[PDB]
Amino acid sequence: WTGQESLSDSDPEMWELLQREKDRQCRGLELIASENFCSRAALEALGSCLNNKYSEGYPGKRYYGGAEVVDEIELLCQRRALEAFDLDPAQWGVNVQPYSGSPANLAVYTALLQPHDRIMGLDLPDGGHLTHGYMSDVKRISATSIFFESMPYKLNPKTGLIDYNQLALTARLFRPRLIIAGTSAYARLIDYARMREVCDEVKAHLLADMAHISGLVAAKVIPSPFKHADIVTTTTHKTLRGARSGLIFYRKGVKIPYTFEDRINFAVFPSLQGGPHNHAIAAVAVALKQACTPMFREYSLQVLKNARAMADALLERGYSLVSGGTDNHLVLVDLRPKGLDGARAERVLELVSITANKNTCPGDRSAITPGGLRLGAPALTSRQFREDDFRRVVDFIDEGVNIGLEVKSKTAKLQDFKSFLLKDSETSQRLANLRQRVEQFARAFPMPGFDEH
Amino acid sequence: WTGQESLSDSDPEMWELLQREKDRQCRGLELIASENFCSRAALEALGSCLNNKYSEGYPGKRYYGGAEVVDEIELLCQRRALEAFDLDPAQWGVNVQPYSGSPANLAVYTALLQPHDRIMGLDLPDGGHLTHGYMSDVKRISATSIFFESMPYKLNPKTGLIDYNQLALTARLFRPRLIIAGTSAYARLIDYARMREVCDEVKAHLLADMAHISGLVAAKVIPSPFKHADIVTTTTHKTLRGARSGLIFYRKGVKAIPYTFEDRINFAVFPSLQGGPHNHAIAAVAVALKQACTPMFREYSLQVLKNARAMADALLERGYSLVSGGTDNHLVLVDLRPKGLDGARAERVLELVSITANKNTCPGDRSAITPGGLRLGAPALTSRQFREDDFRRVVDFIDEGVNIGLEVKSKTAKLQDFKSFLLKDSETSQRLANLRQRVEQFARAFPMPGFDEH
Ligand SMILES: Nc1nc(=O)c2c(CCc3ccc(C(=O)N[C@@H](/C=C/C(=O)O)C(=O)O)cc3)c[nH]c2[nH]1
Ligand SMILES: *Cc1c(COP(=O)(O)O)cnc(C)c1O
Ligand SMILES: *Cc1c(COP(=O)(O)O)cnc(C)c1O
Ligand SMILES: [Ca+2]
């Protein structure tokens with residue numbers, strides 16, 4: 001045993017699993033707005049000898065020795081992070097160690113707040129993220145809601161937009177120490193200027209959690225939360241198209257100085273994390289360098305055009321869009337006027353190799369079965385899909401919905417619907433036909449990564 | 001742009017750096033007891049398309065679709081984890097999603113405790129981990145100490161062992177909900193029978209954080225925490241030799257009326273603390289867990305014990321004192337005070353000759369700010385096919401470092417003077433540059449797990 005044997009030789013059962021997942025990705029139409037396809041170059045860094053190095057601490061300030069090279073990598077990741085988002089290093093710093101987006105958020109909170117201090121975020125069914133505080137009427141769900149005290153803010157159901165007026169009103173009463181501007185299921189641009197005014201008024205830090213939109217921000221195809229936020233968190237996957245990891249950006253220098261840097265860095269290590277995942281950090285550096293190029297601006301422009309094209313294509317075929325359209329990378333479809341719901345559509349589409357998400361619509365409860373569907377452009381755009389290809393994706397979705405409708409008029413409950421798609425031979429064949437057409441279409445497009453895994 | 005271009009072609013700057021680090025790992029003697037060298041097989045999984053899949057939730061209970069293969073990979077990683085530690089599926093479960101060791105511990109605490117509930121763990125300078133609870137006298141340091149209330153137990157400073165008497169006494173008073181049996185710098189086996197007695201009396205949960213010794217426990221070359229603990233956490237790197245990730249094992253089924261760990265532990269990992277699983281890590285971990293079930297790994301681990309034994313016996317036989325007198329595991333705690341030096345000095349000398357080891361605070365330390373010891377580990381170099389005579393020769397290289405360290409301590413005043421004297425003084429430079437060249441030439445000749453060039 002050398003530990004230099006190939007995976008296919010040494011673990012054939014695992015190698016066969018990688019190959020099946022590779023085929024599924026190649027043959028599927030990936031419309032999950034948080035999905036993307038990582039470049040080979042980034043994955044080569046990710047599965048590298050950088051996994052082997054413990055480097056607790058920071059560059060030039062490590063616990064263990066032998067970090068000369070790892071220090072250069074982390075420092076380079078830092079520079080490319082600031083360059084990607086066009087940040088003056090006198091005015092901004094960045095921590096590149098969070099293990100993911102959720103740890104990046106928890107580290108911001110533990111850095112700046114005391115246990116049980118107050119946070120406000122977009123409610124989860126209104127399109128916010130678990131890590132912005134989430135508790136149900138029954139219990140505390142996010143650790144954000146356990147260690148801190150959250151109160152959500154809401155959409156205006158009339159417009160499908162964030163109700164900035166109700167946020168202002170309600171923040172005056174609750175008096176949060178931290179307000180989070182950022183979304184998981186929102187088709188529009190956040191009024192960061194308005195968020196900032198509410199924060200200034202109640203003396204709260206503004207956190208922009210730009211995970212979903214970070215690549216669009218890097219490419220300068222939408223306005224930057226960095227103009228208004230104190231702290232910006234993000235994932236490095238999603239629209240940035242890197243390995244799974246996180247980033248915390250913070251202001252530094254004069255506001256009387258900013259005091260985020262030392263607190264943020266201490267919270268990440270030693271308070272929360274152990275050894276940095278240097279292999280991830282390297283992969284992120286690779287993706288961040290990719291994000292500074294003309295190629296990536298053109299990619300991000302195309303993502304917007306494709307989402308528009310998908311939105312327009314849906315409108316023409318008689319669908320309703322929550323907020324009436326999109327200004328970003330995803331669209332929110334309201335299926336209730338069509339007579340179907342998200343849980344039904346999602347399952348039908350899954351069986352024809354189209355992966356989308358059910359999505360709560362404004363006004364409905366976090367209890368009633370979701371009336372909507374979230375569809376995203378980033379992943380397929382990475383496979384060189386253009387506007388005509390997304391029109392074709394919408395054709396396939398429509399057939400999916402129409403099958404979904406017919407199965408609904410023959411079934412009672414949700415579990416009836418789900419096993420009827422498997423058992424009933426006439427509908428299972430109509431799905432088999434659509435699946436094969438979807439996969440023929442999808443397989444012809446290029447796919448970032450390695451060929452076979 | 002396809003995203004199928006090579007790293008060497010598209011990012012030459014980064015590729016350079018991967019090669020410099022691969023070279024640094026090859027030419028050095030890696031004596032940090034937390035380090036190891038991951039298999040190519042595992043790295044191939046880690047740098048795969050599994051990075052691309054969002055699979056929040058658990059196998060068969062995902063929030064998004066298209067997870068059929070990722071479900072099987074997670075389930076496989078579970079079964080392989082249980083098999084690696086010889087656990088009955090009816091009596092144990094395992095969560096394979098923690099992003100590292102620290103997240104695995106925090107998730108146990110948030111799963112089983114309320115905020116501000118009480119925790120006890122071996123004090124940090126007495127050989128425990130940050131994540132066991134660590135405050136200084138100035139401030140709270142670990143998040144473990146911010147969100148929960150930690151009181152550290154200690155070593156008996158005569159024996160260098162864990163004072164199981166004081167711990168039983170002090171735990172009757174503090175009333176912890178959770179006591180942690182685990183170490184980062186302890187050369188001996190832990191009395192998990194005794195830990196569980198203390199936990200039974202005061203009605204606390206016993207957590208075994210075996211990160212450091214998980215390979216040794218899988219190999220069955222030391223006794224298992226799974227006989228006495230109801231919760232076990234580990235890294236998947238270190239002695240398991242996998243990718244960076246973590247595991248949480250927990251008891252399940254009938255207690256005496258069921259155990260209720262499973263549901264709380266899984267909920268704490270997701271949705272409470274983490275987001276999307278790192279499926280590429282989960283797969284690499286599964287590969288390494290397969291490797292740990294094999295006869296090859298038992299021999300790897302036996303050789304780890306023997307190589308630490310041989311490093312220990314060799315150090316004793318050159319007139320070095322060692323904390324606790326010996327080792328029953330993968331490392332040796334070297335008290336450098338009775339040889340008239342200390343950790344900070346030794347570490348910086350050894351580093352400049354491509355030997356990487358750790359500063360370590362010993363019981364007999366009379367200052368509290370510069371430690372008087374050195375942690376030296378087997379697992380890494382053993383993975384490179386080192387045997388007892390190779391470790392004797394490492395010790396010989398160390399002895400020359402320590403002796404340059406002793407010979408520079410008598411010619412210097414403070415610790416920052418000591419550090420400059422190494423780089424600045426030409427006779428000490430080229431005595432180090434000579435010792436380095438010989439260490440590198442010795443280390444290079446041994447094999448290295450992973451890819452050849454990155
Ligand atoms: N955009 C977006 N929106 C989402 O909602 C979402 C999710 C699911 C989030 C989520 C997870 C658990 C509960 C929860 O309530 N947990 C369980 C309750 C247990 C109990 O009460 O004991 C449950 O799922 O029933 C509620 C919500 C993943 N990715 C997402 N992306
Ligand atoms: C190394 C270690 C950890 C933490 O591992 P990371 O991957 O750095 O978070 C936790 N517990 C023990 C006992 C350890 O040795
Ligand atoms: C995806 C996302 C996260 C969390 O990322 P993970 O890597 O899954 O933890 C946090 N916040 C927002 C707004 C997100 O979209
Ligand atoms: Ca713009």
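So that the names make sense, note that chain A is the first sequence line, chain B the second, and so on, each numbered from 1. Counting convention: from 1, in listed order, for ligands and their atoms alike. Recorded method is X-ray crystallography, 2.3 Å. Excluded from the calculations below are hydrogen atoms, water molecules and symmetry mates; all remaining heavy atoms, backbone and side chain alike, are included.
- Structurally, the main neighbour of ligand 1 is the chain that the PDB entry identifies as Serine hydroxymethyltransferase, mitochondrial.
- Given lemborexant, fludarabine triphosphate, pemetrexed, risperidone, the drug or candidate at ligand 1 is pemetrexed.
- The heavy-atom neighbours of pemetrexed (ligand 1) at a 4.0 Å cut-off, by chain: A, B.
- The set of residues with a heavy atom less than 4.0 Å from pemetrexed (ligand 1) is A:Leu124, A:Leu130, A:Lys139, A:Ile141, A:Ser184, A:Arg374, B:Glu56, B:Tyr63, B:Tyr64, B:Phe267, B:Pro271.
- No N or O atom of A:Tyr134 sits closer than 3.5 Å to an N or O atom of pemetrexed (ligand 1).
- Each of the atoms 16 (N), 17 (C), 18 (C), 19 (C) of pemetrexed (ligand 1) lies under 4.0 Å from some heavy atom of B:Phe267.
- Annotation: atom 29 (N) of pemetrexed (ligand 1) to nearest protein heavy atom, B:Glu56 OE1, 2.9 Å.
- For atom 6 (C) of pemetrexed (ligand 1), no protein heavy-atom neighbour is present inside the 4.0 Å cut-off.
- The nearest protein heavy atom to atom 1 (N) of pemetrexed (ligand 1) is closer than 4.0 Å.
- Polar contact with pemetrexed (ligand 1): absent for A:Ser184 (N/O pair, distance under 3.5 Å).
- Here the protein heavy atom with the shortest distance to atom 9 (C) of pemetrexed (ligand 1) is A:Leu130 CD1, 3.9 Å.
- Nearest protein heavy-atom contact of atom 14 (C) of pemetrexed (ligand 1) is A:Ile141 CD1, 4.0 Å.
- For atom 11 (C) of pemetrexed (ligand 1), the nearest protein heavy atom (residue, atom name, distance) is B:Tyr63 OH, 3.5 Å.
- Among all protein heavy atoms, the one lying closest to atom 31 (N) of pemetrexed (ligand 1) is B:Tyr64 OH, 3.2 Å.
- Applying the 4.0 Å criterion to heavy atoms of A:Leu124 picks out, from pemetrexed (ligand 1), the atoms 3 (N), 4 (C), 5 (O), 27 (C).
- For atom 21 (O) of pemetrexed (ligand 1), the nearest protein heavy atom (residue, atom name, distance) is A:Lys139 CE, 3.7 Å.
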